[PDB]
A.B. asks: 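My questions all concern the structure below.
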Amino acid sequence: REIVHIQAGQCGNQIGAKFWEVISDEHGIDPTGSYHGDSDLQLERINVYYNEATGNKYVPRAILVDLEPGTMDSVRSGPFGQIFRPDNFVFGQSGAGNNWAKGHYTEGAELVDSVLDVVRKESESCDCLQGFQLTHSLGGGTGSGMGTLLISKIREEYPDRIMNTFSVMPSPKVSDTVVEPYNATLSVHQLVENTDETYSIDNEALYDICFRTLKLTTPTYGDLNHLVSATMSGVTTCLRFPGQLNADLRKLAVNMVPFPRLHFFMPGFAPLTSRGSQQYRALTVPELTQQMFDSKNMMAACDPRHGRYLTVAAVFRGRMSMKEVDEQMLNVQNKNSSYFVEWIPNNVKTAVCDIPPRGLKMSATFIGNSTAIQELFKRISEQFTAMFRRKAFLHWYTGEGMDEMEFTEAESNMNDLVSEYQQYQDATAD
Amino acid sequence: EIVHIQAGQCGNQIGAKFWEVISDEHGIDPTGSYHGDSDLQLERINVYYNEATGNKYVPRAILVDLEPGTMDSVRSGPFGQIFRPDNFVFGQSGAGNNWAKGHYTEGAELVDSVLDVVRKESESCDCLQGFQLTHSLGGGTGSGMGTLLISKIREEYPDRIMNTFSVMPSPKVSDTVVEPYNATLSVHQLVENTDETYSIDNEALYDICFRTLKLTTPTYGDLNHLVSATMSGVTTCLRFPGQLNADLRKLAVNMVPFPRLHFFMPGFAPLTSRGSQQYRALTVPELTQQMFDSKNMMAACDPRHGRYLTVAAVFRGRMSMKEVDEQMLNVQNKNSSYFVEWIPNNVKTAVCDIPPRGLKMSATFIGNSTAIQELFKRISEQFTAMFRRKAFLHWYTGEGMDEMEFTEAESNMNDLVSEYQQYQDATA
Amino acid sequence: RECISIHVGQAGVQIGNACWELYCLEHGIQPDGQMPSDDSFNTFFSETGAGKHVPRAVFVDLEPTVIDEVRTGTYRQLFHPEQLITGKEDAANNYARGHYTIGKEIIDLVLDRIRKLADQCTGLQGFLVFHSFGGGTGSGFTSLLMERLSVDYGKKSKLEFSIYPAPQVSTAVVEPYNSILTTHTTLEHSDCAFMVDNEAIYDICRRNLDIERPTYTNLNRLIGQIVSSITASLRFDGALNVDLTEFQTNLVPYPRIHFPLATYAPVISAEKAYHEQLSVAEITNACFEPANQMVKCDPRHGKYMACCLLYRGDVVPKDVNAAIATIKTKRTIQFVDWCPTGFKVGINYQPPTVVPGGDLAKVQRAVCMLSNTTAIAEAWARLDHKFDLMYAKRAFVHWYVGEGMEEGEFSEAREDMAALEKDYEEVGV
Amino acid sequence: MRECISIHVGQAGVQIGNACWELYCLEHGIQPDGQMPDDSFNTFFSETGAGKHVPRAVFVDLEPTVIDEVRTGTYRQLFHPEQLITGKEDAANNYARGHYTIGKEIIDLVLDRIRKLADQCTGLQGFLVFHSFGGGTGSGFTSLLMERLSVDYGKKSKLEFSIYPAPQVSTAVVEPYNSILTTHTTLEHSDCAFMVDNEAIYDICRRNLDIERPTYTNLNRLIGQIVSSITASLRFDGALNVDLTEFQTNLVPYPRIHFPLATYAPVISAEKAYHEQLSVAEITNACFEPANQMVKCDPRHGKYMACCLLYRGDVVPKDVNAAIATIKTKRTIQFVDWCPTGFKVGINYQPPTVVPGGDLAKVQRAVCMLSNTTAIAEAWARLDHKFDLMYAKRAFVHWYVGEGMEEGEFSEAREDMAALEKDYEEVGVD
Amino acid sequence: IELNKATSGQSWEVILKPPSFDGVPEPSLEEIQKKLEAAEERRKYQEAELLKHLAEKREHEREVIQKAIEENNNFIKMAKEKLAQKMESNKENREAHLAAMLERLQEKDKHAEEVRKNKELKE
Ligand SMILES: CC[C@H](C)[C@@H]([C@@H](CC(=O)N1CCC[C@H]1[C@H](OC)[C@@H](C)C(=O)N[C@@H](Cc1ccccc1)C(=O)O)OC)N(C)C(=O)[C@@H](NC(=O)[C@]1(C)CCCN1)C(C)C
Ligand SMILES: Nc1nc2c(ncn2[C@@H]2O[C@H](COP(=O)(O)OP(=O)(O)OP(=O)(O)O)[C@@H](O)[C@H]2O)c(=O)[nH]1
Ligand SMILES: Nc1nc2c(ncn2[C@@H]2O[C@H](COP(=O)(O)OP(=O)(O)OP(=O)(O)O)[C@@H](O)[C@H]2O)c(=O)[nH]1
Ligand SMILES: COc1cc2c(c(OC)c1OC)-c1ccc(OC)c(=O)cc1[C@@H](NC(C)=O)CC2
Ligand SMILES: Nc1nc2c(ncn2[C@@H]2O[C@H](COP(=O)(O)OP(=O)(O)O)[C@@H](O)[C@H]2O)c(=O)[nH]1
Ligand SMILES: Nc1nc2c(ncn2[C@@H]2O[C@H](COP(=O)(O)OP(=O)(O)O)[C@@H](O)[C@H]2O)c(=O)[nH]1
Ligand SMILES: [Mg+2]
Ligand SMILES: [Mg+2]
């Protein structure tokens with residue numbers, strides 16, 4: 001019934017801030033922190049991500065963490081900025097400098113205990129703490145390093161709580177930090193080990209969407225971050241907004257996760273939109289259903305048709321015919337039957353929210369456990385194994401403490417996950 | 001003097017019907033006061049009724065049930081006021097169509113308590129004849145507790161005679177799957193404990209109501225109307241003064257030739273309808289041959305399948321013993337193969353010059369026929385169906401019993417049929 | 001000269017009621033005991049201090065009803081409360097119950113009322129025992145009584161008045177069992193036993209008396225008339241049969257054959273137009289036709305060994321011997337080798353008394369006959385086969401063995417009941 | 001006297017109970033205050049000094065939501081705050097949580113309200129356990145409580161109303177695990193269980209109440225109608241007949257063979273108008289169409305070991321016998337050799353009372369036919385297969401195992417089913 | 001021929017053909033009671049033997065109502081004892097999982113130290 005939020009590094013805070021902007025508006029809250037919405041369903045499950053305060057005011061339950069005032073300050077002098085409790089901002093001046101070892105081991109650890117002090121506070125003032133939510137860059141230092149350092153330390157203190165992450169996978173198409181596959185692979189190692197579920201926001205898909213579809217020639221971060229938040233409101237829809245269910249991170253986890261290592265989701269959303277552009281021609285029900293099982297709409301650059309879905313959860317928003325939905329939902333699975341594991345009876349589940357997102361009359365989210373997600377991990381292993389072969393940029397890590405075998409440790413652990421994903425892709429009933 | 005216990009749903013409704021028919025014959029109006037015309041009634045009124053002095057009358061009736069329901073029906077019933085309040089002995093946990101509940105666990109809890117009423121009610125009598133138990137053989141209170149109560153009484157009053165009006169079950173009337181289990185278990189206890197037992201087959205009562213009485217929907221009231229007739233019919237000799245002059249033990253001595261062979265086939269003529277219409281009387285020959293014919297038996301057997309060991313017959317109403325005796329000698333001469341030649345004068349007649357209520361003639365029959373083994377094979381067979389596969393046994397084994405009691409109770413009834421046979425074939 | 005009339009069981013008890021009814025009528029005794037204006041009547045009446053003549057009779061039953069019907073009747077005053085002994089439950093058609101069960105209980109007390117009835121005697125001859133045969137009481141107790149009476153009154157007489165059973169009369173299915181076990185036990189004891197075949201009395205109350213369904217009363221009205229005709233000489237100052245030991249000699253030559261066949265005339269009704277009354281020649285011929293016989297067994301085919309013609313009233317010896325000469329003329333009438341072909345005739349000149357307001361007719365003349373005939377074996381053989389059928393298959397036996405008897409007692413009784421029938425052969429040669 | 005307590009186990013269990021209890025208040029003209037403007041209904045309710053008729057029932061759930069809906073709902077005063085038990089932490093659609101982890105933290109309190117309800121019982125007949133088959137609470141908690149009453153109340157009558165999973169009506173991939181897990185653990189501790197296959201409930205509304213999208217209520221209002229017809233014979237002493245426990249004697253041949261099949265009739269929507277009405281002979285034959293069944297199975301193929309007709313309203317033996325007459329010629333009603341070919345018939349006075357603002361219309365003469373057919377083992381077969389499929393791969397299993405549960409409990413619980421499956425085989429042998 | 005004469009009676013023999021053959025021939029109280037006391041012995045014993053077979057039955061019922069009393073109690077043992085095992089095995093089990101996961105984490109927290117050590121060793 002209560003989710004504690006943590007944003008890490010640049011991306012972490014960048015995506016977190018937008019999520020908070022999106023969901024405050026979605027809940028009818030102003031930058032100051034005072035309610036104004038008409039429907040009292042906005043206040044229904046507000047207790048989840050928000051704190052009740054003096055003057056009946058609301059404050060997001062989130063810990064702002066980074067090893068540089070940079071983004072930290074951009075957030076404060078941003079739209080909602082004042083809405084956050086400034087005591088939660090745990091900001092060093094070190095700068096992990098897109099180095100996992102600086103975040104996870106050295107420069108991060110010093111701040112980690114200060115961070116926890118705040119988490120232990122936010123966890124305390126809770127009727128029932130559900131679990132934690134992390135938004136972080138898998139290629140940076142603070143996000144991927146200190147972020148996963150934070151997970152492991154939170155995981156010690158509260159093993160009984162759901163660990164959920166929004167892990168944004170790097171792309172050579174979006175960054176020239178050559179070491180990124182090093183920080184990526186090391187972070188995946190931690191994720192496969194200490195998080196209940198992870199939504200794989202891949203910077204490759206985010207770009208190609210913003211480029212090939214949204215047609216924005218030189219996509220800005222704002223252009224990407226917007227899609228991130230579109231899926232983040234979507235995934236968290238029934239966690240926040242009321243409905244038939246019930247509305248638990250754990251219930252979702254138990255239903256969505258058949259095997260414990262395999263918990264990386266392929267987020268998808270329809271309709272795709274250009275940041276801050278007024279919509280006109282609305283979508284039909286089969287458009288949303290078709291345009292949701294489209295590789296074209298997946299936040300992680302992998303082809304759902306290349307693999308097989310183990311579990312799928314599709315959240316449609318805004319008032320529409322459930323019969324039209326159920327009719328279509330069943331067309332899709334009964335036609336594309338090859339891409340659904342026969343050994344997981346009734347693998348597709350659909351939720352409908354009457355409350356839609358701002359500027360949309362109809363939206364639809366997709367969460368999927370398709371084995372196809374290996375295409376993501378594979379991509380990174382090659383990127384890593386290319387440089388590691390040649391011990392490239394490695395001294396940045398060794399001189400930060402870090403051992404050499406720890407790299408080969410994470411590389412082969414990643415290679416296990418790949419094979420593990422294929423094992424079940426192949427696997428049949430007979 | 002006589003003590004009358006009524007056990008279970010069946011036995012109580014059965015019992016209250018006897019107690020109302022005989023109270024009409026004795027002028028004991030629902031309240032408890034003699035109003036009858038002739039004092040011929042009053043003569044042998046001490047057999048069934050006591051005095052409140054008064055000069056009110058109380059039946060020598062003990063009421064038993066392991067649940068209130070039926071006790072209250074009697075209370076609410078017309079002739080219910082006449083019963084001694086301190087005589088209704090009932091539990092709350094229904095025994096629910098389980099012989100093992102009524103006979104063991106549940107019964108035991110009310111037995112001692114009931115026995116006290118019989119201890120007391122037996123004190124009031126100068127010299128008691130014995131006991132009368134009316135009950136169902138497929139139930140639990142009646143079927144199990146009644147047989148329990150019998151064994152208890154036999155122990156307490158060994159010299160006293162055990163007479164029962166035991167109603168045999170049937171699938172034509174009652175859907176309770178378990179019935180052949182209770183029946184067998186209870187038959188086994190009667191074979192060894194009662195002195196005379198009146199076999200009332202429900203198969204036959206339903207068949208009479210149906211084929212013969214043309215009643216499309218036979219209700220218990222109709223099936224029970226037939227029983228009250230056959231009760232007041234066989235108890236004409238105990239309640240009515242004449243050249244008989246008999247008792248429970250005299251009847252038993254004369255009817256029962258071998259111990260275990262003591263189950264009787266009640267008969268009645270005419271088979272009247274519950275209500276309509278009473279018009280047109282019967283001749284003597286009509287009344288005799290009807291009564292001897294299988295279509296008039298309360299037990300479902302064929303007298304022509306066996307051989308009668310002994311026969312008893314109480315003709316009521318104004319007639320002539322010449323006419324009557326002339327037909328009895330006619331029958332025995334005509335159907336000579338079905339009367340055991342090795343028991344001289346094996347048929348007894350009795351004529352009472354009092355007819356029952358409404359009808360101006362009656363002819364109640366009792367026959368110790370070897371043919372009754374048919375009624376026992378009928379049950380023993382029904383039992384085995386379930387038994388070979390041990391179906392519905394769990395309800396009984398749960399009560400504390402063992403399969404051995406079922407094996408024994410059947411084997412004992414199989415030995416009875418084996419015995420009833422021995423004599424059916426036997427000749428001088 | 002005194003005489004104790006014992007009545008065991010319902011038949012004998014009911015029969016005793018009709019006996020003393022006629023006795024008190026014939027002697028003018030009122031149902032209270034007094035008799036206003038030969039003295040031999042006293043042979044049966046013990047006069048009290050209050051001038052009343054209480055009978056020398058002890059009534060016995062194992063259930064109350066019947067003796068309780070005496071303390072109801074007008075003749076309730078006639079007897080003391082001690083002489084009417086009643087139990088609570090009868091020997092329910094069971095000999096073994098009457099004998100070993102309820103018997104053992106009531107014996108001593110029954111013998112006491114006899115002792116104290118006999119503690120009034122200047123010369124008690126014997127006892128006149130009255131009973132049934134097929135009754136639980138009129139077989140079980142009676143036979144037990146004769147047993148102890150024989151020890152307690154050795155050398156004193158016993159005159160059995162037994163009622164042989166019949167199907168046309170209220171009979172029971174066990175009757176032939178009781179009938180044999182009794183006779184076996186009441187044989188070495190009885191000195192003379194008068195059988196009354198209920199079969200004959202039945203139709204005699206019909207063919208001659210016009211009553212189709214005769215009541216026990218009507219049946220007994222006749223029995224008492226024949227019973228009183230036997231006792232006439234004992235109750236009066238008569239010549240023939242002046243004592244109990246007279247029949248025992250005059251009729252019983254061979255001891256086990258102590259069953260004389262009785263005969264009675266004139267069997268006559270009242271609700272019929274009056275005419276000329278029967279003569280000595282009329283009744284004597286009627287005395288020899290089995291259409292008036294007591295026990296149904298062919299005299300015409302069966303050797304005699306005795307005969308006594310006991311007349312009553314308006315008779316004269318010449319006409320008696322004139323009516324005797326008539327029969328020897330055409331009828332040869334058989335007799336055993338060792339026996340004289342002749343009868344001891346007796347006339348008690350007293351008037352034949354009938355019940356006032358009865359079905360019987362007031363006749364000035366009457367007769368009776370005491371005749372020991374081998375034909376009386378035809379009566380036993382009837383009862384012997386009835387016993388024979390049931391005992392083979394052991395039908396009803398369990399009731400008897402349940403009352404303390406032994407299974408052997410049936411064979412023992414049937415061996416003796418067969419022995420007796422060989423004695424009817426050994427005699428009727 | 002003849003008292004009986006009803007125990008409701010989360011969501012399905014609670015919601016169903018409310019439909020039951022509201023209908024009961026209507027049946028015995030009771031007002032939602034406990035007050036009311038025959039005494040046989042006191043076997044379910046209990047009168048206090050003020051003349052308040054509180055039900056002999058317990059509402060239990062591991063989380064608050066559903067029981068809170070009752071605590072504020074249209075009948076808030078009809079119960080005790082003590083007799084309405086709740087947790088906070090849900091069973092997360094996991095049996096292992098429902099049974100162990102979360103369950104243990106309430107059981108003791110729960111059993112106490114049962115004991116306090118048990119005290120006011122002059123002569124307790126037994127218990128009625130309304131639970132889900134696939135719910136974390138409905139499965140885990142129920143079995144724990146059922147095991148605990150077989151201890152506390154020893155060999156006392158434990159009756160059940162199980163809610164068989166249907167994909168059409170919600171579900172969650174794991175449900176068949178929770179289904180088979182509870183089926184197993186409850187078996188020894190049950191007396192007689194009434195299954196309700198949610199698809200057959202769905203199918204009926206769709207077909208007769210003409211509801212294209214059946215709401216939970218729509219189903220429950222219907223379910224409560226069938227359940228009430230079963231318990232009619234307890235809260236009503238109608239001379240006519242009405243006699244449960246007597247039915248149970250024919251219904252339960254052997255102890256493991258305790259699943260009667262309900263075939264309710266007539267389900268008619270308030271729209272028909274001049275349809276008035278069905279004859280006894282019509283509704284009798286209605287019970288023989290597999291379209292009216294509570295659990296989807298085929299007893300035309302299946303053998304029989306009991307048939308019990310529970311009539312209610314305008315019923316006269318004449319035509320019931322005439323009805324039973326015709327059916328007895330229809331050569332599809334084939335019984336076993338060891339079993340008689342009879343029908344235990346019970347009739348009630350009080351006809352079915354209908355809910356204000358309902359879907360169904362006031363029927364003059366209703367029935368429900370309980371029967372012991374081997375065709376029920378199809379429900380087991382249906383469930384066992386889906387189980388096998390996921391178990392084969394040990395899919396989701398880790399969530400159970402993670403809450404304590406040994407890997408063997410699943411196999412044990414499956415062989416037990418396989419045995420019961422084979423037991424219905426064996427029994428059907430002639 | 002003549003026999004006797006009296007007040008209210010008279011008698012005389014009346015011969016016809018005399019006998020062809022001049023010749024003719026061709027109880028204790030103790031042993032009554034001895035038979036009666038043997039008879040009662042019988043009656044009293046078989047009725048006393050009956051009372052033994054009835055007392056035999058009274059014991060079966062005494063054992064049967066007892067089997068049922070134990071049958072439920074032995075069952076409550078099994079039910080209570082199983083539940084006790086299950087909650088324990090589970091308490092044991094769930095706790096070994098939780099303990100081993102924090103041990104893995106603590107070991108992974110150990111590595112961190114020897115790394116900041118390998119950084120200072122390099123420095
Ligand atoms: C074959 C015997 C049946 C079980 C009867 C009967 C029950 C009965 O007599 N009952 C059960 C309540 C009372 C009674 C009757 O119907 C109200 C009344 C008139 C009566 O006779 N009352 C009794 C009172 C009474 C008797 C016994 C016990 C308790 C009360 C009386 O008049 O004295 O129904 C009429 N029957 C024909 C039936 O049609 C019943 N059907 C069945 O059981 C069938 C079809 C027939 C046997 C195999 N299966 C059922 C549909 C009611
Ligand atoms: N003629 C005649 N025979 C009688 C009379 N009463 C009974 N009997 C016969 O006696 C026989 C039965 O013997 P009972 O003496 O009556 O029976 P019981 O068992 O000895 O005596 P209770 O049981 O006390 O009546 C049958 O043969 C009857 O026909 C009677 O008054 N007159
Ligand atoms: N017929 C019917 N089925 C229901 C109802 N509520 C839930 N279900 C079914 O119950 C199953 C899911 O189990 P639940 O009872 O919801 O779960 P629970 O663990 O008992 O309760 P929670 O604590 O809320 O999770 C699915 O098969 C649903 O379709 C209802 O009111 N009616
Ligand atoms: C208490 O009621 C009765 C009691 C008895 C009898 C009887 O039938 C007429 C009764 O009426 C039913 C009786 C029965 C059967 C006999 O033989 C089969 C017999 O010989 C003799 C009898 C009875 N004796 C007579 C002479 O009828 C005595 C016992
Ligand atoms: N989508 C998205 N990616 C970002 C954003 N900021 C940085 N990144 C990505 O994050 C990776 C580097 O991590 P970064 O957030 O700069 O480092 P940190 O400050 O140490 O967490 C690269 O792959 C960048 O593309 C952002 O706001 N949005
Ligand atoms: N003829 C008749 N049979 C009845 C009556 N009541 C029930 N039965 C039969 O009784 C049996 C069931 O036993 P019952 O006396 O009702 O139950 P109990 O209370 O356990 O003795 C079945 O064979 C029924 O057919 C009745 O009054 N008359
Ligand atoms: Mg007698
Ligand atoms: Mg749950």
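Below, read A as the first sequence line, B as the second, and so on, with proteins coming before strands; counting in each chain starts at 1. Ligands are counted one by one from 1 in listed order, and the atoms in each one are counted from 1 as well.
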A.B. asks: Out of curiosity, which of colchicine, ametantrone, cariprazine sits at ligand 4 here?
C.D. replies: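 The one found there is colchicine.
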A.B. asks: What would the PDB entry call the macromolecule that lies against colchicine with the most contacts here?
C.D. replies: Tubulin beta chain
A.B. asks: Help me out: which other chains have any heavy atom nearer than 4.0 Å to colchicine?
C.D. replies: B, C
A.B. asks: Identify the binding-site residues of colchicine using a heavy-atom cut-off of 4.0 Å.
C.D. replies: B:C237, B:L238, B:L244, B:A246, B:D247, B:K250, B:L251, B:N254, B:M255, B:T310, B:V311, B:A312, B:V314, B:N346, B:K348, B:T349, B:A350, B:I366, C:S170, C:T171, C:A172, C:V173
A.B. asks: Looking at the deposited structure, to which atom of which residue is there a covalent bond from colchicine?
C.D. replies: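 As deposited, there is no covalent site.
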A.B. asks: What is the organism of chain B, as given by the entry?
C.D. replies: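 Per the PDB, it's Ovis aries.
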A.B. asks: Okay, about chain C - what name does the entry use?
C.D. replies: Tubulin alpha chain
